[PDB]
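Consider the following structure, which contains nacubactam (bound form).
The sequence lines are lettered as chains in the order written, beginning with A. Numbers in chain A track the PDB entry; the residues on display, in order, are 21-261. Numbers in chain B come straight from the PDB entry, and the residues shown are 21-261, in order. Per deposition record, X-ray crystallography, 1.4 Å. As the structure lists them, so they are numbered: ligands from 1, and atoms in each ligand from 1. Any value given below was found using the heavy atoms of this structure, including those in side chains, with hydrogens, waters and symmetry copies removed.
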There are 2 protein chains.
Amino acid sequence: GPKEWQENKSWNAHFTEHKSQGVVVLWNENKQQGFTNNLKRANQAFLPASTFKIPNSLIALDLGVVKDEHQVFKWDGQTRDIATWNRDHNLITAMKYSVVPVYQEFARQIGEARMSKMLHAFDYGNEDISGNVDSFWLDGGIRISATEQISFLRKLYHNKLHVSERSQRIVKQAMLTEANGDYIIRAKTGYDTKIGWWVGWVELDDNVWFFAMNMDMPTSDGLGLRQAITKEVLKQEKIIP
Amino acid sequence: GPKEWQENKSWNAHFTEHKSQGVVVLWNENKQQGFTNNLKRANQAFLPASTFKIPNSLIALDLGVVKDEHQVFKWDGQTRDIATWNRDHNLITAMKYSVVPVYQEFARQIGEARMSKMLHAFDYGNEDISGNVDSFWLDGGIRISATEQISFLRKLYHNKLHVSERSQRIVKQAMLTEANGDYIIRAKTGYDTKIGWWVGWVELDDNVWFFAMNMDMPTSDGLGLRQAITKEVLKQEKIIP
Ligand SMILES: *C(=O)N1C[C@H](NOS(=O)(=O)O)CC[C@H]1C(=O)NOCCN
Ligand SMILES: *C(=O)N1C[C@H](NOS(=O)(=O)O)CC[C@H]1C(=O)NOCCN
Ligand SMILES: [Cl-]
């Protein structure tokens, strides 16, 4: 019988091109088949870093910590290194600019008990929030693999997570990254100072391709490689032109 | 003091460069102020043509004629002149490719009594569904002006139409046309063999600009001018780069 998961090591060329190493995992929804350049790493667990703003957003919305995507979270007045963080934000722009202090406030409002209960209900990674309530996704005990990111994202796409359909629709709106006549990308980046992530999906007219990639990332100088390498794989597989 | 609507006739150069005649109407949501090259034409009511797939979609969803944006509507097997129509579609692709026969089926299932009641509730144009329930927006009595399109779109943007929030969120998803790091466009085209339309809005980080344009369109050869002329205006006003 056909294989649910297939390894394609030719994608390693896209990583070694940049003296890098990592994994891309693709899932073809229509075919119910997955593809990766590294089966082992596809299933190894890493800190989610800023990809955690997907579940964090869902929980904050479902609990009413965030009322809607227009509610303004005012800048606290502390000038931070990332200039786009030094202003007021809403859910859309806080996702787009990956505004850590806004999401730390969400996590504090959610609190440990409800955060843990929600991650258990989401079957999210190892479901472990050990560490600080407002930083465990960057320096605490939670871990998730690329294949587990895909599992979670497929549930979100199909409105199957254990939060309201409304919360799921709002977060999918906030994940919008790129759209044109050929495809729509909904995704989220992350970086934990050692590993970079890009997770999300590509919507086509008659199919959707889920993706989760992580790569060794010793400095922020190479962060654009997260999208660049993933797009080289998508182009090789004829998913985008 | 300042006026709700200001006339900026310099935009006429974008129509005359293409030997065209028409109107662009913009509404700055933050400032609660509008701008147009021709206030009279901005208030002239025309057949909506395919821009009617916005309210049609909302009504079909709210009544359960369309269950969700993934439900497949099978091709009826009749080969029509637009090749993209001769295939199965869902709500997303039916809007993207402006698939009239799919929307005619929605309209028949809605039926005239519910269609009329819902257009009255929407305050949509002249609310007149005279003609066939499955063609009145193409050859019947309904008429809507560019400023009336903006009024309708503003209600949709704010979830203020008299249908569920879910229906409004799904339709706004289906209107997605373009997105990048600078802007998001949600919009719908139309053409009635005499005039072409483009209506929708541009989402920025900290503002929304609604737009409605129509132009004289003797042949289908110049249909790309609907978006090109609008974008020239958006560029002149520094809304998009
Ligand atoms: C999350 O992964 N973040 C926040 C921000 N996101 O940028 S993105 O990775 O491009 O989405 C910057 C990187 C990362 C951090 O939190 N970096 O700070 C690490 C030390 N506090
Ligand atoms: C509506 O305006 N339509 C449907 C389709 N839309 O193309 S768009 O202008 O690019 O949105 C083709 C043009 C127009 C029609 O005239 N078609 O409706 C009659 C077909 N039964
Ligand atoms: Cl969207």
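For nacubactam (bound form), every matching ligand or chain, copies included, can be listed as ligands 1 and 2.
Short version: main partner of nacubactam (bound form, ligand 2), named per the PDB entry, is Beta-lactamase.
Going by heavy atoms, the other chains that come closer than 4.0 Å to nacubactam (bound form, ligand 2) are B.
By the criterion of a heavy-atom distance under 4.0 Å, the side chain of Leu158(B), and not its backbone, is placed next to nacubactam (bound form, ligand 2).
Nearest-heavy-atom check against atom 12 (C) of nacubactam (bound form, ligand 2) across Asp159(B), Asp101(B), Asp212(B), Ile102(B) picks out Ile102(B). Other ligands and ions under 4.0 Å from nacubactam (bound form, ligand 2): none. For nacubactam (bound form, ligand 2), the modeled covalent bond goes to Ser70(B) OG. Residue contacts with nacubactam (bound form, ligand 2), taken as heavy atom pairs separated by less than 4.0 Å, involve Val120(B) solely via side-chain atoms from C-beta onward. Other-chain residues and nucleotides with a heavy atom under 4.0 Å from nacubactam (bound form, ligand 2) are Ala69(B), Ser70(B), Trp105(B), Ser118(B), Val120(B), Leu158(B), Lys208(B), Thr209(B), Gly210(B), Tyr211(B), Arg246(B).
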